[PDB]
Amino acid sequence: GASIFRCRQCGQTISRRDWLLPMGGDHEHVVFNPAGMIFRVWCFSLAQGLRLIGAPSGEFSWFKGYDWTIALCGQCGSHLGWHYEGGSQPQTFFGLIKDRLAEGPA
Ligand SMILES: O=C1CC[C@H](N2C(=O)c3ccccc3C2=O)C(=O)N1
Ligand SMILES: [Ca+2]
Ligand SMILES: [Cl-]
Ligand SMILES: [Cl-]
Ligand SMILES: [Cl-]
Ligand SMILES: [Cl-]
Ligand SMILES: [Cl-]
Ligand SMILES: [Cl-]
Ligand SMILES: [Cl-]
Ligand code: NI
Ligand SMILES: [Zn+2]
């Protein structure tokens, strides 16, 4: 059974369970933004359906050695998470907010 992560707002296909990545040994990280809100961040090696906004930034990065850019759903513009770059093994990956996705069957 393929298990698809869809944009919770609009239903667009974004990623799948098979594309989870154990970043630092763990494909689901618990992180705090600077306002103190807690996110569960799924780590994916690949994703579809995403528009990236801005130049990379390293500030506040939750993943050492990686800079982020904001990832929006291309269809509806929901803020789904971030793309990470500038690392090694892998160079890049996606960190997507669990509450902003919905996991279900194909
Ligand atoms: O790895 C990341 C991605 C971006 C994220 N981030 C936020 O969630 C945020 C909210 C408010 C102002 C500034 C930021 C910031 O860098 C953050 O804290 N770390
Ligand atoms: Ca975890
Ligand atoms: Cl899958
Ligand atoms: Cl990590
Ligand atoms: Cl964690
Ligand atoms: Cl944190
Ligand atoms: Cl969350
Ligand atoms: Cl952000
Ligand atoms: Cl949103
Ligand atoms: Ni895993
Ligand atoms: Zn969407």
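For reference, positions follow the sequence shown, starting with 1. Determined via X-ray crystallography, 1.2 Å. Hydrogens, waters and symmetry mates play no part in the numbers below; they use all other heavy atoms, side chains included. Whatever order the structure lists them in is the order used to number ligands and atoms, beginning at 1.
- Counting heavy-atom pairs under 4.5 Å, the chain with the most contacts to ligand 1 is listed in the PDB entry as cereblon isoform 4.
- PDB records give the name of the drug at ligand 1 as S-thalidomide.
- By chain and number, the binding site of S-thalidomide (heavy atoms under 4.0 Å) reads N33, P34, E59, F60, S61, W62, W68, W82, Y84.
- Looking from atom 1 (O) of S-thalidomide to the surrounding protein, the closest heavy atom is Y84 OH, 2.8 Å.
- Regarding atom 16 (O) of S-thalidomide, its nearest protein heavy-atom neighbour is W68 CZ2, 3.1 Å.
- Closer than 4.0 Å to S-thalidomide lie these other ligands and ions: ligand 8 (chloride ion).
- Looking only at protein heavy atoms, the nearest one to atom 8 (O) of S-thalidomide is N33 CB, 3.3 Å.
- Source organism (PDB) for chain A: Magnetospirillum gryphiswaldense.
- Looking at atom 7 (C) of S-thalidomide, its nearest protein heavy atom turns out to be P34 CD, 3.7 Å.
- For S-thalidomide, the atoms lying closer than 4.0 Å to a non-hydrogen atom of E59 are 16 (O).
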Check S-thalidomide for close polar pairs with the protein: N or O on both sides, less than 3.5 Å.
{"residue": "S-thalidomide", "atom": "1 (O)", "partner": "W62", "partner atom": "N", "Å": "3.1"}
{"residue": "S-thalidomide", "atom": "1 (O)", "partner": "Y84", "partner atom": "OH", "Å": "2.8"}
{"residue": "S-thalidomide", "atom": "19 (N)", "partner": "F60", "partner atom": "O", "Å": "2.9"}

